[PDB]
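This file shows Gephyrin complexed with artemether.
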There are 2 protein chains.
Amino acid sequence: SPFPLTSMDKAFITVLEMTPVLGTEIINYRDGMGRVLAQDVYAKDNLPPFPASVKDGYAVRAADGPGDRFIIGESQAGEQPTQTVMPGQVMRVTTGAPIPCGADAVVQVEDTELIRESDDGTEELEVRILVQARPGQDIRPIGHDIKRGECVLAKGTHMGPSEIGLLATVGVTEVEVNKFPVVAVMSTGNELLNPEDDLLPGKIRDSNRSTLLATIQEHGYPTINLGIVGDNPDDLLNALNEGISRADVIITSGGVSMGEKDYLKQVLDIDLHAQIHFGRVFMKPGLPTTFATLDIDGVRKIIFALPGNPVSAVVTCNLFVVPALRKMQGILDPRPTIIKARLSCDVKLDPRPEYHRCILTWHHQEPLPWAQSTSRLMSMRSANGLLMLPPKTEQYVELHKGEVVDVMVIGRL
Amino acid sequence: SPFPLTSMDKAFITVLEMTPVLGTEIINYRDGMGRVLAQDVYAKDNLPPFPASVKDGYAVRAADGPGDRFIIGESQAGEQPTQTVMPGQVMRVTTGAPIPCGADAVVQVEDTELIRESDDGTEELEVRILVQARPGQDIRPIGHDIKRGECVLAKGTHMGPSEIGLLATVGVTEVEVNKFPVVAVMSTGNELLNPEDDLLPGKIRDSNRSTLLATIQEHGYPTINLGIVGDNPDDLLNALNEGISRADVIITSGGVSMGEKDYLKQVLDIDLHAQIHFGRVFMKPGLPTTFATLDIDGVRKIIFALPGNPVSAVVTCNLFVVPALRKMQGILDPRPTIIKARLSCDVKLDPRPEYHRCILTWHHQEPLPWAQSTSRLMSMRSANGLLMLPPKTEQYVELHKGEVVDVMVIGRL
Ligand SMILES: Nc1ncnc2c1ncn2[C@@H]1O[C@H](COP(=O)(O)OP(=O)(O)O)[C@@H](O)[C@H]1O
Ligand SMILES: Nc1ncnc2c1ncn2[C@@H]1O[C@H](COP(=O)(O)OP(=O)(O)O)[C@@H](O)[C@H]1O
Ligand SMILES: CO[C@H]1O[C@@H]2O[C@@]3(C)CC[C@H]4[C@H](C)CC[C@@H]([C@H]1C)[C@@]24OO3
Ligand SMILES: CO[C@H]1O[C@@H]2O[C@@]3(C)CC[C@H]4[C@H](C)CC[C@@H]([C@H]1C)[C@@]24OO3
Ligand SMILES: [Ca+2]
Ligand SMILES: [Ca+2]
Ligand SMILES: [Ca+2]
Ligand SMILES: [Ca+2]
Ligand code: NA
Ligand code: NA
């Protein structure tokens with residue numbers, strides 16, 4: 001128009017406020033990594049479901065005290081005992097085996113001495129108990145860890161390996177979760193060739209599509225590759241319509257500044273009738289970043305039209321797209337983690353808030369990491385942070401090596 | 001035997017020293033996430049491959065100075081111009097378009113005023129240049145960003161999205177990388193049922209297999225599910241032989257303490273003829289953790305026999321297995337990231353170094369994160385750290401809330 005310069009705060013809040021939460025589906029628990037539960041999950045059994053030994057040793061009567069005992073048998077892991085321990089008797093137990101009737105404590109083998117075994121040294125017959133056990137010692141009573149009827153996982157839980165293991169424990173193998181967003185990515189520009197092409201005069205290879213798709217995939221979301229689209233409104237409209245049909249989220253790059261052949265914003269508004277919430281952001285890089293929604297058939301589609309410059313595209317993808325995707329897949333607080341780190345070099349501040357990929361490194365002595373902006377060993381590592389520099393003011397015009405700055409985590413630390 | 005209590009330092013060093021690096025394979029660049037390059041990668045083209053405009057504006061002769069100029073045409077993105085700019089002339093350019101012959105600078109449109117356009121307002125004819133440009137301004141010369149013949153990625157680089165984008169840029173779509181390890185996981189114990197089973201007397205559901213497989217999958221490595229194996233040497237040997245055939249790494253859990261039906265270490269030594277490098281570790285939890293190698297047909301197989309206790313299994317998997325897998329897939333320094341964090345509560349120290357899953361959280365004010373050991377909102381989050389508590393000494397017997405401790409990162413922050 002030009003569109004108003006939207007502040008970074010307002011643009012980010014607008015993305016989260018306008019992005020929908022996807023519907024739910026039932027999945028197998030093994031497919032639950034990174035999913036958010038849409039239901040509370042309850043145990044239908046006690047854990048342990050029988051009183052269970054914590055130790056290799058003997059199930060005893062605490063009231064017998066220390067002394068010499070006849071071993072009446074062994075409680076085997078996986079088998080309910082049938083014998084009752086009576087005074088002067090014990091039963092051998094292993095870790096995880098059930099406690100027999102008549103015993104109220106376990107004495108670990110280290111607190112015993114063997115007296116007699118069968119001539120074939122395969123059976124223990126008599127043992128000396130060297131300690132006074134307390135009732136209940138080294139036994140997990142029924143339900144000690146989980147009780148039947150207990151809610152073991154709450155709706156809203158963002159699951160990792162231990163939550164999957166908990167579902168396995170309680171036998172809840174099918175769970176309701178939010179869907180993951182399907183994200184379509186297209187590149188735009190008459191100068192672009194595919195990565196697989198040799199160069200032709202006036203042309204370059206499309207890198208943004210690969211970088212953006214890889215970024216989305218790294219977060220676990222399914223993607224659709226919509227290819228390269230030329231700088232013309234008909235082709236852009238057709239590609240957007242395909243994205244809308246096939247995906248929940250459409251990411252484009254290129255064609256969002258005010259250039260003679262930058263058509264995306266016109267197509268979004270005039271042809272698609274999408275609502276453009278912002279078309280410029282007061283940020284460096286990323287000035288022409290554009291965010292639109294399209295409500296069709298009771299469904300809200302999300303469209304990010306990112307800048308064409310490759311660094312701008314990947315930075316703005318991490319700032320705006322990834323948090324939106326996290327909200328869509330049901331994460332209750334979708335904001336990225338921000339950590340404090342020390343600047344590795346002096347920096348002159350821009351009037352705009354400025355963002356730069358960096359590598360966070362901890363030195364085993366120092367409490368704060370260093371942020372090295374993108375060495376023989378550092379060239380081996382991928383960026384895992386986005387430095388977040390404050391706007392310059394009449395007071396603060398520069399920051400110095402060692403000073404503390406905010407860094408958004410964008411990769412595995 | 002019992003096996004010697006191996007110090008944590010020695011056990012960890014032994015794992016890394018004895019673990020092999022896998023062989024290489026050629027992959028498509030799109031499949032490169034998390035891979036390590038086994039070759040240097042070179043650009044075969046310049047970037048840009050033509051002198052490219054940084055701006056929407058006009059390609060000018062700097063020597064003409066400011067003034068009124070005839071527009072002789074437009075350089076289009078993706079098209080080599082054919083006209084030569086002569087004195088008193090300019091050519092319209094867009095960002096990324098080639099600079100025509102005869103021009104040596106770009107003046108952005110904001111530093112100009114239009115004089116005349118065609119009656120049909122679709123063609124600019126005459127423009128006022130308001131600034132004195134410097135030769136080269138707002139042009140990326142050929143090779144400014146990447147030069148033909150330049151090494152753009154070194155062998156040993158652990159690739160993320162931006163490295164994939166760089167491969168796309170230079171058109172190197174096939175790259176040599178280290179293989180990922182195939183990791184087989186089995187559970188052991190006569191008391192175990194599958195997650196899909198209803199409980200039977202004396203039995204519990206196998207959770208370790210799910211938790212361990214999910215942990216490995218979270219790191220991107222292919223897995224093989226070897227199921228549940230009973231406490232008997234024949235079945236254990238057969239399952240290990242299947243793992244050895246199908247996988248690079250075999251993980252078991254259970255059956256590694258000194259109990260009457262704990263057979264794994266006997267099978268590994270006597271039947272498989274594997275070399276057990278350690279069979280106990282002075283750590284809490286994880287005392288019976290076992291690490292073995294098996295050299296067969298010039299190939300080194302890796303076997304981790306982890307403790308059966310579910311918390312021990314997941315802790316020891318993160319401490320020993322994940323670093324080994326990182327070395328196998330070619331990461332040069334496979335050690336996890338260790339960060340400094342503040343303890344959320346007082347802790348009594350054990351004679352053994354102690355490890356506990358926790359959640360790291362940053363508060364937007366404070367420089368160090370807090371480590372909360374595994375709240376309405378915190379129950380929504382998965383563990384992302386492993387607290388690393390030091391052994392007790394005659395001097396240090398306890399640590400207090402707020403004191404700084406080491407935390408190993410085990411999840412996305
Ligand atoms: N997919 C892409 N891969 C690599 N470079 C790109 C890609 N798309 C655009 N570019 C380049 O980025 C720069 C800006 O492109 P442009 O389409 O003008 O972005 P915008 O108009 O959104 O600011 C140009 O140099 C252009 O060639
Ligand atoms: N896969 C599993 N899932 C859940 N619990 C398990 C699993 N394997 C073993 N356990 C339990 O862990 C505890 C220790 O098992 P055990 O086989 O004695 O380990 P180890 O001998 O290696 O110390 C027992 O209570 C046992 O039932
Ligand atoms: C409202 O926008 C402000 O908060 C936001 O939330 C968080 C918690 C998360 C990171 C970051 C968000 C990605 C962009 C906006 C900035 C700030 C400008 C951001 O910083 O910190
Ligand atoms: C040699 O073992 C010591 O260093 C190791 O390396 C690092 C850098 C990485 C984490 C951790 C490793 C997983 C276990 C051993 C500890 C220590 C006991 C560990 O701490 O810090
Ligand atoms: Ca363009
Ligand atoms: Ca443009
Ligand atoms: Ca067992
Ligand atoms: Ca055991
Ligand atoms: Na930009
Ligand atoms: Na253990």
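Labels below follow one simple rule: chain letters A, B, ... track the order of the sequence lines, proteins then strands, and each chain is numbered from 1. Computed from heavy atoms alone, side chains included, the values below leave out hydrogens, waters and symmetry copies. We count ligands from 1, going down the list as the structure has it; atoms in each ligand are counted the same way. The deposited model was determined using X-ray crystallography, 1.5 Å.
All instances of artemether are found at ligands 3 and 4. Counting only heavy atoms under 4.0 Å, the other chains near artemether (ligand 4) are B. Looking only at heavy atoms of the protein, atom 2 (O) of artemether (ligand 4) is closest to B/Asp9 OD1, 2.7 Å.
Between B/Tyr355 and artemether (ligand 4), no pair of N/O atoms sits closer than 3.5 Å. At the top of the distance list for atom 19 (C) of artemether (ligand 4), counting protein heavy atoms only, stands B/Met388 CE, 4.2 Å. When only non-hydrogen protein atoms are considered, atom 13 (C) of artemether (ligand 4) lies nearest to B/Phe12 CE1, 3.2 Å. At the top of the distance list for atom 7 (C) of artemether (ligand 4), counting protein heavy atoms only, stands B/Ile338 CG1, 4.3 Å.
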Once you restrict both partners to nitrogen or oxygen, which atoms of artemether (ligand 4) have a protein partner under 3.5 Å, and how far apart are they?
unit_1: artemether (ligand 4); atom_1: 2 (O); unit_2: B/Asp9; atom_2: OD1; d: 2.7

